Asker: 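This structure is in structure tokens; I'll ask about it shortly.
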Amino acid sequence: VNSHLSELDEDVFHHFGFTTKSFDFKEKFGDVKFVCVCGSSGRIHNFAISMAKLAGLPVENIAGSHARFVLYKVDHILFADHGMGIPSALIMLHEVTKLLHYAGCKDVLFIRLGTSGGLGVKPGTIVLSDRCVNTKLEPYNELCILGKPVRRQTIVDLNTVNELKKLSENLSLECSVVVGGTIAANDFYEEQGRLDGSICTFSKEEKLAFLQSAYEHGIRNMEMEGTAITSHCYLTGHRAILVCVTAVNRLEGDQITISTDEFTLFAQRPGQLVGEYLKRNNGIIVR
Amino acid sequence: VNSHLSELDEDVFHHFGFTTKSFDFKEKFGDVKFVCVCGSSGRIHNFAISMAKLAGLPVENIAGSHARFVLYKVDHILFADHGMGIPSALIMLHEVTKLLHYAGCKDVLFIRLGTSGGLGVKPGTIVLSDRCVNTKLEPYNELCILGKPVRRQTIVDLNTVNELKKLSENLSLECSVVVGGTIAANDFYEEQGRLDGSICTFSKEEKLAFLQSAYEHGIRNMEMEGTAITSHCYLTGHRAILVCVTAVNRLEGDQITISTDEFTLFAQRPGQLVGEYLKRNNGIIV
Ligand SMILES: O=c1[nH]cc(F)c(=O)[nH]1
Ligand SMILES: O=c1[nH]cc(F)c(=O)[nH]1
């Protein structure tokens, strides 16, 4: 545990815009067993609204006025956004895991409901990550702490992934549910092998050798935070999974050509699976 | 210029929610000579609104409604947010610099208006970066492209920095303006030497040895995107500066203990200086 936290009279959650004196954390958050996250404040809000409807229950922002992130709560589930990229995700992760610790919450499941680029699967596919790796296909998150290199192993809650897959096989979703590996990259364009950024120093041949090699190593999609979420939660005593929809088949192209409406439809598909899971696993109270 | 863009009949700006077919880019953006950016959509909008008032001109969002980023324009200035951290900033950088390319804009100045942790300066101090380095004080942005390590030199437009410093002396700011080095970190907590994250593997003494050393190497503040902005712009034919206020003295602590109201006042100080600069040098029409 971080003993330095005891030195504080009050802990200011800078990016959520509240402090430990804002509410009673044990009373307020003590019953939380799940945290659902994604890059979009609007989308995670909508998801929380859907969970409230399922709970038979407005879903009001718990975060303060000038916060970078939103925070909602529906029964035993916390909802937060985390922007895009490992650094932004680590800001959310630090402050939410502190919150959870202060509330007395242990062994919480974090669920990332994101969007991603697919490898060898159709757009709209749900990929359940069975491992999260960097762009060198290594299951580690890399950090530089006090100027020194550190690596933290990525651990996916595989027992839960398998339960979700089994669940999906018994459901009627309008998409395939693929279990496979997930590359987290530190950019949307060049690090993801895109030819269509403002800069590109490689050929299509080199792009496809990179992506096809990843495919052969079991990778089925690519996003920007996976290695942060699945390394940090384990180290703070929690569990984590990634449930991402694909928005493009990167073996065919780079551009996101589907409509805004179609993208929104696709992005809601992880929530449709996960929502029923949460319902069956005491995420909400069925009223 | 990326030759592969000519392989697109249409170029979708995914995170801005429009396309090359959405506008006549030459007609709409051709006059842009400045891009002001920061992590907050609300704060960059308020700054654009302030520049609009200066120009004597509602500032409407140009980006799509379901977009990750906002985009505004006041005369020759473009405004956008970029979230927090290098990956997010790179997303804005690629799409905005493509936009400028399509619009025929050349030698544009990117201005990041951020907040930061200070080293040995008082909270509310404006730091003008005269270099942007990683946590090892190296003037490079690091990338892993097709799984291979790539480094890109950071280049701050120093001529503009010097002009800003000189300008600030002639203004009446309630703060000091310091030219100094800026560290970009891939985290707010552990990578910035904070003792107050959910994980900490070091002591107060190890924190202070690390930051005091950086101070001695001329670092005066610390944020999360400097190396991306100052390496990317140069390589795409543009210029870039960082103008960041400090919200805490990291040699004294980690927590941001100033009120939300004071933080907001502080966060507006970069725009106050930069706006005077843009007003003098053809950012707007008065
Ligand atoms: O990080 C990503 N998010 C969403 C995508 F569609 C993609 O290709 N990459
Ligand atoms: O990246 C940062 N932004 C703002 C701060 F106050 C800080 O310490 N670090």
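Chain letters correspond, in order, to the sequence lines: A, then B, then on. Here the PDB entry sets the residue numbers for chain A, with the shown residues being 8-64, 67-296 in order. Note that chain B is numbered according to the PDB entry, with residues 8-64, 67-295 shown in order. No hydrogens, no waters, no symmetry mates; every other heavy atom, side chains included, goes into these values. In each ligand, atom 1 is the first atom listed, and ligand 1 is the first ligand listed.
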Asker: Please tell me which drug sits at ligand 1.
Answerer: fluorouracil
Asker: Help me with this one: what macromolecule has the most contacts with fluorouracil (ligand 1), named as in UniProt?
Answerer: Uridine phosphorylase A
Asker: I'm mapping contacts for fluorouracil (ligand 1). Which other chains have a heavy atom under 4.0 Å?
Answerer: A
Asker: List the other ligands and ions under 4.0 Å from fluorouracil (ligand 1).
Answerer: none
Asker: Among the UniProt-annotated phosphate-binding residues of chain A, which come within 4.0 Å of fluorouracil (ligand 1) by any heavy atom?
Answerer: A:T124
Asker: Using a strict cut-off of 4.0 Å, indicate which atoms of fluorouracil (ligand 1) neighbour a heavy atom of A:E232.
Answerer: 1 (O)
Asker: Could you tell me which residues UniProt lists as binding uridine in chain A have a heavy atom under 4.0 Å from fluorouracil (ligand 1)?
Answerer: A:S125, A:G126, A:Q201, A:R203
Asker: Could you check atom 8 (O) of fluorouracil (ligand 1) against the protein and tell me its nearest heavy-atom contact, residue, atom and distance included?
Answerer: A:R203 NH2, 2.9 Å
Asker: Of the protein's non-hydrogen atoms, which lies at the shortest distance from atom 3 (N) of fluorouracil (ligand 1), and what is that distance?
Answerer: A:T124 O, 3.5 Å
Asker: Can you tell me the protein heavy atom closest to atom 6 (F) of fluorouracil (ligand 1) and the distance?
Answerer: A:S125 O, 3.1 Å
Asker: Within fluorouracil (ligand 1), which atoms have a heavy atom of A:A256 less than 4.0 Å away?
Answerer: 6 (F)
Asker: Using heavy atoms and a threshold below 4.0 Å, how should the contact between B:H22 and fluorouracil (ligand 1) be classified: side chain, backbone, both, or neither?
Answerer: neither
Asker: Please state which protein non-hydrogen atom is closest to atom 7 (C) of fluorouracil (ligand 1) and give its distance, to 0.1 Å?
Answerer: A:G126 N, 3.3 Å
Asker: Is the contact between A:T255 and fluorouracil (ligand 1) made by the side chain, the backbone, both, or neither, using heavy atoms and a 4.0 Å cut-off?
Answerer: neither
Asker: List every atom of fluorouracil (ligand 1) that sits less than 4.0 Å from any heavy atom of A:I265, numbering the atoms from 1 in the order shown and giving each element.
Answerer: 6 (F)
Asker: Report, in ascending order of atom number, the atoms of fluorouracil (ligand 1) lying under 4.0 Å from any heavy atom of A:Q201.
Answerer: 1 (O), 2 (C), 7 (C), 8 (O), 9 (N)
Asker: Out of curiosity, is B:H21 lining fluorouracil (ligand 1), as in a heavy atom under 4.0 Å away?
Answerer: no
Asker: Name every other-chain residue that has a non-hydrogen atom under 4.0 Å from fluorouracil (ligand 1).
Answerer: A:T124, A:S125, A:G126, A:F197, A:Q201, A:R203, A:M231, A:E232, A:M233, A:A256, A:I265
